[PDB]
Structures are given as structure tokens and as C-alpha cells.
Student: 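Complex: imipenem (open form) : Beta-lactamase GES-1.
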Amino acid sequence: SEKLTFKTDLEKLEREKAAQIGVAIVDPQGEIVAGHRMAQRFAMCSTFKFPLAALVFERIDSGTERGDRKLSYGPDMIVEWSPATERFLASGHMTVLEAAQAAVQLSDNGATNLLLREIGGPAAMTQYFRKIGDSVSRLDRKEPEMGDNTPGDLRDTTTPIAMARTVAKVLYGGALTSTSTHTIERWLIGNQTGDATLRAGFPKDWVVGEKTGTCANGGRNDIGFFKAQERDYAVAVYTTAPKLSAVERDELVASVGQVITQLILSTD
Ligand SMILES: *C(=O)[C@H]([C@@H](C)O)[C@H]1CC(SCCNC=N)=C(C(=O)O)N1
Ligand code: NA
């Protein structure tokens, strides 16, 4: 059984790395391909920035937001890990689209907060999840405190299956116009923060786009999509490994990518 091998190999990683590994792989309609701890809650950390960009694109599509609108700010908006926001600070603004692209591709925290200050805060992010049929994911705080990942805390959490289904809805389920869908996919493919994580464990000819997270208490996450030949999949990986070094956590997620690959290749 290929799925048994998948389970066994993930459990071996968990045992040997003292880790918990949550995975869900779904088809474009949200049908389950495979998973592990798929309905256990994990901190979303920065992975929520992909749904945040989807919310922004939905508003742009609808006309309730404009991509070129300038969002002014001062140094009050700079928080830890805000590389683009810092570079644009002297100019005094970033556009909605600039901020969204920095949030997705650099995991820029200041840019994320700038967009949260606009779209209606964590309450509004959570309402977007509900609107697209995700009753599980919840944002309660802004960056970087939303990544505190206190054990057992249900604030700022999702489950692998809820998030994978949200990704599928956004990319394949008609949440966005064809243009906006294509754009967000290109942003995920061109992500600058994921070279050592999930995509490092996939075949080099798969088209892969993803959004990473790194948070306190050993959280290391990666969500997105992959196309294996003509077959599209949405995937969410959430891991907790407090005893591993940062480099080892990257390698753990890459290893999960390999386990996913073995399953997909072996099931034809
Ligand atoms: C998201 O998961 C966090 C946020 C909670 O702060 C950001 C920070 C990082 S890693 C920090 C070091 N980065 C570059 N030197 C990420 C990430 O995506 O890995 N997201
Ligand atoms: Na200020």
C-alpha cells in the first residue's frame, strides 16, 4: 500500500526528529488524496499570508479595492522581518499590490500588517475564510505575535485539511478571476523563501508554488500547490519540531516533500 508507506515514513520522521507532522493533499475539488494528522490544529504562522493575498485579489476583482492604491505608513509599521516595508519607508507608501506581493514572496511582516490595517483586521481575515467555506482557520492577531505558537492555543490556527481545501478553492474553485488566479500562482512559484523547504523535496519538473512559515516553539510550515505532469494538487504541511535546529527544520519539510513525492509517483 502506497498510502501505508506514506504514513509509515511520516511516522518514522516524527519519531526520529521528535516532531509532529500534519499533511493534507487534496485534488482541485478538495477531495482527499492523503494526509496525516490532517484535522489536528497547528499554528498557521505566515502561511495565512497566501489567503490574505487571495482576500485582497477578491476585493480587487470585485472593485472594492484597487491594486494601485497607495497605502501610506511611517516607521510604526516596521516590525521584525519587514525587508520591503523598510526599503519603501522613505518613499512613504506601498501599493496594495506591492504589499501583497511582499507578504507572499518575502513573508514581509510589515506589509502583511499594512494590508491587515486596511482590509478590516484579523476579524475580517477570519470572515473571508468563512465566506469561502473554511469554518476552521482563524486569525486572531497581527504579526509577529500571531506566530507565538503557544502549545494548545487555538488562536491563529488551521488544520492541514482545512488549509489545503482553502488553497484548492482559491486556485481551482473559482474564488478568483482567471487573471488574478494566474497572478497569485505566479507569485507562489516565484516565492523567495521556500527554496529549502517543500519544493526542495519535489521532482524538478513539477510546477510548484508555496508559502512558508517559521514560528516559535519549532513551527515550520509550507502550503501551496503542485502540478505533477497534468495533475493539479493542493497541499498543506504543518510541522512542530522544538528540538531541531532551524536548518534541520527546513530539511524536515523537504523530507516531507520527498514522502509526498513517493506517494504521488507510485500511485500513477
Ligand atoms: C511567518 O511564519 C513568520 C512570521 C510569523 O514572523 C515569517 C518569518 C519567516 S523566517 C524569518 C527569517 N527570514 C529571513 N531571514 C518566515 C518564513 O516564511 O520562513 N515567515
Ligand atoms: Na509612525
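Heads up: numbering here begins at 1 and tracks the sequence. Just so you know, these numbers use all the heavy atoms, side chains as well, and skip hydrogens, waters and symmetry mates. All ligand and atom numbering here is 1-based and tracks the order in the structure.
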Student: Which instances in the model belong to imipenem (open form)?
Tutor: ligand 1
Student: Using a distance threshold of 4.0 Å (strictly less than), state whether atom 4 (C) of imipenem (open form) has a protein heavy-atom neighbour.
Tutor: yes
Student: Is there a polar contact between imipenem (open form) and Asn109, counting only N or O atoms under 3.5 Å apart?
Tutor: yes
Student: Does any N/O atom on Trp81 come nearer than 3.5 Å to any N/O atom on imipenem (open form)?
Tutor: no
Student: Give the atom numbers and elements of imipenem (open form) that come within less than 4.0 Å of a heavy atom of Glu143.
Tutor: 4 (C), 5 (C)
Student: Return only the organism name the entry records for chain A.
Tutor: Klebsiella pneumoniae
Student: Within the protein, is there a heavy atom lying under 4.0 Å from atom 11 (C) of imipenem (open form)?
Tutor: no
Student: Test your reading of the structure: does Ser46 have an N or O sitting under 3.5 Å from an N or O of imipenem (open form)?
Tutor: yes
Student: Give the residue, atom name and distance (to 0.1 Å) of the protein heavy atom nearest atom 18 (O) of imipenem (open form).
Tutor: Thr212 OG1, 2.6 Å
Student: As an exercise, identify every atom of imipenem (open form) less than 4.0 angstrom from a heavy atom of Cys45.
Tutor: 2 (O)
Student: Within the structure, does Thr47 bring an N/O atom to less than 3.5 angstrom of an N/O atom in imipenem (open form)?
Tutor: no
